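Structure (with CR6261).
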Amino acid sequence: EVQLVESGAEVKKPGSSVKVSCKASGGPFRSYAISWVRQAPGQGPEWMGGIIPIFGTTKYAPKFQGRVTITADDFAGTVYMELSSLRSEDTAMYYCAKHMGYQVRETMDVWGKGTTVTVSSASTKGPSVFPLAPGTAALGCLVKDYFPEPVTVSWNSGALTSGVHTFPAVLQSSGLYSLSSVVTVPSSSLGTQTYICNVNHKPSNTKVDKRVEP
Amino acid sequence: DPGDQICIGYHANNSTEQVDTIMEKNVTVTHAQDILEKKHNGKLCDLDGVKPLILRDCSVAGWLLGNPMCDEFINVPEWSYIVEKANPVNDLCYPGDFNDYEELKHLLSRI
Amino acid sequence: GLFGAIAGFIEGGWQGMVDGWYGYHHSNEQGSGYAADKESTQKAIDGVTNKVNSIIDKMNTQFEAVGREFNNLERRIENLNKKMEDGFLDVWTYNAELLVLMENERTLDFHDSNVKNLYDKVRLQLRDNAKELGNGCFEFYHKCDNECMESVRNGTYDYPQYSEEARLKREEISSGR
Amino acid sequence: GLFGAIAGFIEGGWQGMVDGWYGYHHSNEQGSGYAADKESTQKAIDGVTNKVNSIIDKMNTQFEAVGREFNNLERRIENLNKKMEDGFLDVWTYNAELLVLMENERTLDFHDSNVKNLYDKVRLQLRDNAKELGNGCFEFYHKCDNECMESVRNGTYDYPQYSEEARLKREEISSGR
Amino acid sequence: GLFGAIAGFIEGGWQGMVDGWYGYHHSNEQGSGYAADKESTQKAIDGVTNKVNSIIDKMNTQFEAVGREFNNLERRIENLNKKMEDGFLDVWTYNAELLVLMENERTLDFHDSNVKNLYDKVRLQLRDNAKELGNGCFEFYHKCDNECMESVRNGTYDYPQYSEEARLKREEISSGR
Amino acid sequence: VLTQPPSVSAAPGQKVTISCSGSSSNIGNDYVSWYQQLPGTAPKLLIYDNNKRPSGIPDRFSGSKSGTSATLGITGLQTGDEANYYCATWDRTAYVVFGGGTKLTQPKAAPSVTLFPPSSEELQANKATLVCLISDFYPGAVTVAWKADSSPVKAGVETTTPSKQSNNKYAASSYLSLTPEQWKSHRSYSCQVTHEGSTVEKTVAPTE
Amino acid sequence: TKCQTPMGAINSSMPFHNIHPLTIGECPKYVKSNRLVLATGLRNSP
Ligand SMILES: *[C@@H]1O[C@H](CO)[C@@H](O)[C@H](O)[C@H]1NC(C)=O
Ligand SMILES: *[C@@H]1O[C@H](CO)[C@@H](O)[C@H](O)[C@H]1NC(C)=O
Ligand SMILES: *[C@@H]1O[C@H](CO)[C@@H](O)[C@H](O)[C@H]1NC(C)=O
Ligand SMILES: *[C@@H]1O[C@H](CO)[C@@H](O)[C@H](O)[C@H]1NC(C)=O
């Protein structure tokens with residue numbers, strides 16, 4: 001019955017700090033502890049630490065003791081987790097999880113949905129969108145050097161679905177991302193019909209469409 | 001020979017937090033919770049998104065009637081609250097009187 | 001305190017039991033140590049937590065002053081307005097202050113009760129297999145190792161299992177050695 | 001509970017004692033059975049009955065809204081009237097709710113106290129003529145038939161009359177048989 | 001009473017202990033006599049004194065009616081004024097009456113607690129060097145003269161010092177003489 | 001530092017067992033709980049206190065601590081049980097430790113390669129990207145080599161990992177980055193894509 | 001802010017405040033008190 005809702009995705013540069021929150025339904029004062037557990041892509045969960053109600057005491061894991069601070073605002077039904085001196089291996093999904101009782105312990109019976117923090121040295125950048133020009137035949141769009149994920153590519157304002165294939169982005173050594181979207185189309189239609197690819201990168205507020213001609 | 005022992009007991013700590021009781025004041029307690037907010041920031045702010053209408057040295061009469069000195073308020077944006085000084089210097093430049101002025105000010109509390 | 005346990009027959013508390021509000025200290029051949037009682041501490045946190053929530057909730061509706069203006073010949077209603085509004089700030093301040101004072105006493109007495117009851121829990125498990133020493137402690141008439149201690153701490157102490165050893169020791173003590 | 005008796009050292013209550021709130025279960029050669037304690041149950045009914053009457057009585061005078069109408073240029077006094085009248089419905093609702101919550105706790109704790117005190121009544125009658133077993137029961141060191149049982153239930157138990165038989169039994173038990 | 005001591009296991013009080021609220025009666029070879037417990041009586045006076053002061057203080061701000069006059073066509077505001085002012089006299093009368101009733105119970109129960117705790121203070125000093133008789137009294141297993149009595153009254157009773165004499169007497173009693 | 005077998009396998013209806021193991025200072029004294037994780041979702045409490053089971057969880061799941069190690073068992077197992085499973089415990093300085101985890105559990109497709117050259121607009125902006133799009137292969141393993149004219153280039157390549165598609169085949173992308181002078185000055189550039197020992201090769205050249 | 005007073009904004013989760021009774025927004029409830037603190041723990045040793 002208790003819902004744990006966490007704050008939005010965060011994107012940070014190395015050596016800075018993030019502070020995630022977690023709002024628990026009911027209360028607002030609680031009789032159970034809350035913990036923070038993270039999970040890195042392809043890895044098992046790691047417990048970070050938790051906070052005990054009324055007592056207010058905190059317990060941290062060896063791995064983080066020294067750069068994590070867990071705090072509470074009991075009137076708001078909210079606990080916070082701040083992790084500083086960030087590194088790229090802190091890129092992970094961060095879960096708040098409640099225990100059955102007042103002690104922090106191996107048993108956590110309700111979890112939040114998760115919130116991602118990405119630690120990269122890239123600043124946020126909007127894409128450059130180039131056309132990829134033309135039995136069938138292929139056309140597409142190069143969506144080049146943007147940070148961070150995601151980006152939306154639709155063809156003809158979402159009209160063309162048949163034969164379309166957007167590819168997972170590549171992670172360049174520069175830290176920036178690039179992807180490309182391709183559509184197989186009948187050669188007979190080439191120099192009469194019209195193809196626009198609609199690139200939207202929310203994080204950068206860049207909306208682009210690029211007409212693809214031969 | 002003495003035998004093993006188990007004792008029952010309770011938590012103590014270094015708290016100097018203190019609570020009152022009908023029978024005893026300043027009882028020192030292990031844990032306590034303040035529930036009175038005593039701090040403010042000394043400023044007038046936007047209430048959520050919306051900036052308030054801060055009449056400066058104008059009165060409501062001055063603003064609505066358009067005392068020449070109240071020109072800042074010729075065409076005001078939507079507001080969250082109105083702020084009016086206790087004694088606006090710029091009120092009825094031509095002396096007089098404003099009928100049902102308080103009943104109108106009351107209406108504005110809803111606009 | 002109303003229940004005579006905290007700062008009573010148990011004189012002073014334990015800086016060294018850090019993981020709960022009430023608990024145990026034990027001492028036997030394998031050593032000594034403190035251990036919190038999870039269940040009592042939890043009932044207490046539940047109680048106090050609910051209390052703090054109930055106070056917030058009951059003070060949720062409560063008088064909210066609004067500004068009204070009056071001219072120089074509406075002085076009688078301006079006064080009636082001031083007094084009405086001051087009247088409610090006073091009723092509500094009294095209500096909050098008195099609720100706080102009254103509930104503080106109950107809270108402090110609640111914990112006191114909780115320690116008395118826990119002491120009595122142990123008392124009525126052990127019975128005459130232990131001797132009440134009067135300071136909050138029991139001295140066993142039989143050997144009680146860490147497994148036996150835990151059985152006291154978690155509600156599981158088997159009296160019949162030790163009573164024979166217990167009767168032999170009580171026997172030795174009455175006889176004088 | 002504050003007194004540790006109801007859902008405490010007496011774990012759970014008796015579906016089978018129907019004629020009162022507190023009472024006795026006995027077991028001897030002639031059988032077993034339940035019996036209400038009339039006097040405690042009566043003090044309790046007196047208490048709770050008076051409580052319910054005192055609540056009704058104190059809530060007897062209490063704010064009573066009246067309708068007043070106001071025209072379109074009496075908006076400031078119409079608002080002052082609404083707020084005054086809402087202000088009292090709020091004070092009074094808080095008073096009723098809080099009185100009810102506060103008195104419910106006291107009532108539930110009152111009964112708990114009543115069972116503890118009755119247990120202690122029997123305890124201090126019997127003394128070492130019986131053994132406290134820890135679950136709310138006493139096991140006699142002497143034979144106690146229905147007449148002897150009633151003497152416990154009604155305040156009349158003669159300790160001196162059984163103590164000799166009592167000391168002989170305690171003697172047999174310490175010796176081991 | 002909630003604590004079962006005053007008009008409970010101690011049935012009735014002492015007209016002849018005049019210098020305090022709680023205390024002792026003793027009886028030995030050199031005679032008998034009453035003696036107040038200064039420390040408990042003092043904590044009680046402190047409690048009740050503070051209580052009476054807190055009540056006076058919290059009732060310090062409280063609604064104060066003022067007279068306002070109204071003409072024959074201001075009947076709606078004259079009624080709104082009457083009702084506002086009556087409304088506060090009612091809130092405040094309820095507050096005073098209910099505070100008085102609620103605090104009287106606590107006070108009477110406070111004293112009851114105080115006698116229970118004092119009884120328990122003596123109980124856990126003496127332990128099995130005395131026999132609980134059940135009426136508020138202890139009968140010593142050893143000789144206890146006026147110096148020994150004072151040690152009970154002031155927190156100083158040395159159990160180890162009498163326990164040998166105590167074990168010999170308990171021994172004689174179990175054996176039958 | 002808590003030991004758990006990387007994977008375990010079985011068919012719909014049998015009873016699998018996931019073990020978990022560590023020293024006296026975790027499992028020996030302290031209790032174990034087990035968790036289930038389905039992709040896209042937070043871990044979910046399956047059992048606690050060694051063998052208790054919270055409401056919502058069917059009694060096909062259970063576990064025990066047969067020594068200084070503990071095991072979880074599923075029976076009558078469904079497709080839904082395809083997931084990751086972790087044991088947790090408390091380790092005395094003091095922390096909650098998890099186990100490493102355990103994953104619990106279509107003909108040969110040739111890839112279609114599609115090599116695009118630099119677009120003139122990228123060229124106008126003093127940059128050049130060759131884009132090599134590989135799709136619909138199985139199994140999802142391809143190596144990718146680049147050639148300048150007839151000879152190989154390792155400089156300036158970024159190839160993605162392979163990636164399950166909506167139709168259960170795989171995809172990938174490679175990007176060679178070049179200066180305009182480099183791209184203009186060569187005969188051809190070719191993307192070679194190998195898959196199950198079959199090389200495909202696409203070539204492109206500067207507006208011929 | 002979410003809560004404003006003629007003397008300044010309030011930024012608080014608390015149930016009460018003692019700043020000024022005429023507020024607008026989502027505020028705590030005003031009292032004349034200088035001090036309000038609930039016990040949660042127990043009486044702390046000498
Ligand atoms: C209680 O403590 C406060 C703050 O230290 C102090 O001002 C006051 O005089 C004390 N009151 C009593 C009754 O001891
Ligand atoms: C209680 O204590 C004993 C240790 O002597 C232990 O074996 C038993 O499992 C414990 N019971 C529970 C429910 O924790
Ligand atoms: C109490 O119990 C005894 C039964 O043993 C009975 O004879 C006696 O009359 C009873 N006393 C009263 C006052 O009911
Ligand atoms: C307490 O009692 C004894 C009398 O036996 C006396 O000698 C001792 O001094 C007393 N202590 C105090 C602190 O009054």
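By convention in this document, chain letters (A, B, ...) are assigned in the order of the sequence lines, proteins followed by strands, and residues within each chain are numbered from 1. Any value given below was found using the heavy atoms of this structure, including those in side chains, with hydrogens, waters and symmetry copies removed. Technique stated in the header: X-ray crystallography, 2.7 Å. Contacts are counted only within the shown part of the entry, which is not the complete deposit.
- Location of CR6261, all copies: chains A and F.
- Here, the main chain in contact with CR6261 is recorded in the PDB entry as Hemagglutinin.
- Chains touching CR6261 with a heavy atom below 4.5 Å, listed by letter, come to B, C, G.
- Residues of chain C with a heavy atom within 4.5 Å of CR6261 are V18(C), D19(C), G20(C), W21(C), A36(C), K38(C), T41(C), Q42(C), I45(C), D46(C), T49(C), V52(C), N53(C), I56(C).
- Lab note: paratope of CR6261 vs chain C (heavy-atom cut-off 4.5 Å) = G27(A), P28(A), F29(A), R30(A), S31(A), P53(A), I54(A), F55(A), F75(A), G101(A), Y102(A), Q103(A).
- Recorded in the deposit, the name of chain G is Hemagglutinin.
- By its own naming, the entry calls chain F antibody (Fab).
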